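To keep things clear, I will list the structure first and then write my remarks on it.
Per the PDB entry, chain A residues shown: 1-210, 212-362, in order. Indexing begins at 1, ligand by ligand and atom by atom, following the structure's order. Values below: all heavy atoms of this structure, side chains included; hydrogens, waters and symmetry mates excluded.
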Amino acid sequence: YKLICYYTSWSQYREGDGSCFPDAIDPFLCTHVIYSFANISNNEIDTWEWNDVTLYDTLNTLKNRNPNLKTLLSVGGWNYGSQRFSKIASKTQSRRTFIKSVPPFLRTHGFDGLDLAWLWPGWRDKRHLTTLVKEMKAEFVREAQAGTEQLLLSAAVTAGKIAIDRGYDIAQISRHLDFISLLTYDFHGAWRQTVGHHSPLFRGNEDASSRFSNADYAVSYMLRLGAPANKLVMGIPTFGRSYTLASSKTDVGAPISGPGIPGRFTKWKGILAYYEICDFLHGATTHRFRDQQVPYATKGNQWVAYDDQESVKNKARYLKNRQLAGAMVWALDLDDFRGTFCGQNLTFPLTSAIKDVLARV
Ligand SMILES: *[C@@H]1O[C@H](CO)[C@@H](O)[C@H](O)[C@H]1NC(C)=O
Ligand SMILES: CC(=O)Oc1ccccc1C(=O)O
């Protein structure tokens, strides 16, 4: 079973103990470590940060410790216009320039493949997303001829039913892709003027407002659309989402005034790291959606839907039974990487719990 772990390039700026570089990463933790993010310019893969070349090197040296670890580089992400990506993929010469540009860049910096983080294609874009993956793969196949082991090509897919339908032809891209990472942690939109869990496993017996907002639906649907199990990786959040309550009402359907306050380290409204969360838990009221098997916390006018070791193992169990390829972790820098915030002296608590589960019978 593959354990695919993402690392973010900006994690480095976070203040104090939030500062995370790639040298903090335990080399036998994951199987595939992906580095976000990579930019495009002059229609070809380029770096984002001012010192990615150093960081790439720091990552791809961890491979000296674990000769078997594989490392990919992801392209795009959100801080990067769909319109931009779309512009490149929709034309035959810009799509070819960019493609032609990857293998050498990737080989220069030690990466073993490319992850396509197109934070999402429109419906006019679906056709080119297929053409882009198809042609991209063909290039990795033609450079394999030159000695070095073939470059892995993976894609990052959203788990929202409308989104999949809009810009992804699953049956077609699953052939050309080495694995698909399904983003099962964005199941609770902004508009929702209430609390709710973003990465629930099951529906929720309370009042199905759209039988589709959970990992289980999303998984069935991909396997239904034709993505083989041996190619699916379920996405597991290592972070939580906070919201500021609009009343003292704290359970299902509770009203919401807007996102929760910024964390001390992550400094972003509406989101918290697991290390920031273990700290928040102190003097909080914890609960659990029996139905959806995921926890949430609450203190003051702050309510959080998050993922703990039990929930994360429970997901890691589910996907084994489903016989999927493995799990994907949205982010390493957001797990308790120093292992100094969550009680037990264990670094990467959350990602370790899974790893353990992937090796059980
Ligand atoms: C990446 O590409 C865009 C357009 O190619 C360029 O204008 C911009 O400076 C780059 N963005 C970053 C964050 O490097
Ligand atoms: C999604 C993720 O990686 O966490 C964040 C989300 C929004 C803004 C900042 C961060 C962060 O990395 O600190």
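Going by contact count, the macromolecule most engaged with ligand 2 is what the PDB entry calls Chitinase-3-like protein 1. Located at ligand 2, the drug is listed as acetylsalicylic acid. Covalent status of acetylsalicylic acid (ligand 2): not bonded to any chain. For acetylsalicylic acid (ligand 2), the UniProt domain of chain A with the most contacting residues is GH18.
In this PDB entry, the source organism listed for chain A is Bubalus bubalis.
The binding-site residues for acetylsalicylic acid (ligand 2) (non-hydrogen atoms, 4.0 Å) are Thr8, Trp10, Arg14, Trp78, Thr267, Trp269, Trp331, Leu335.
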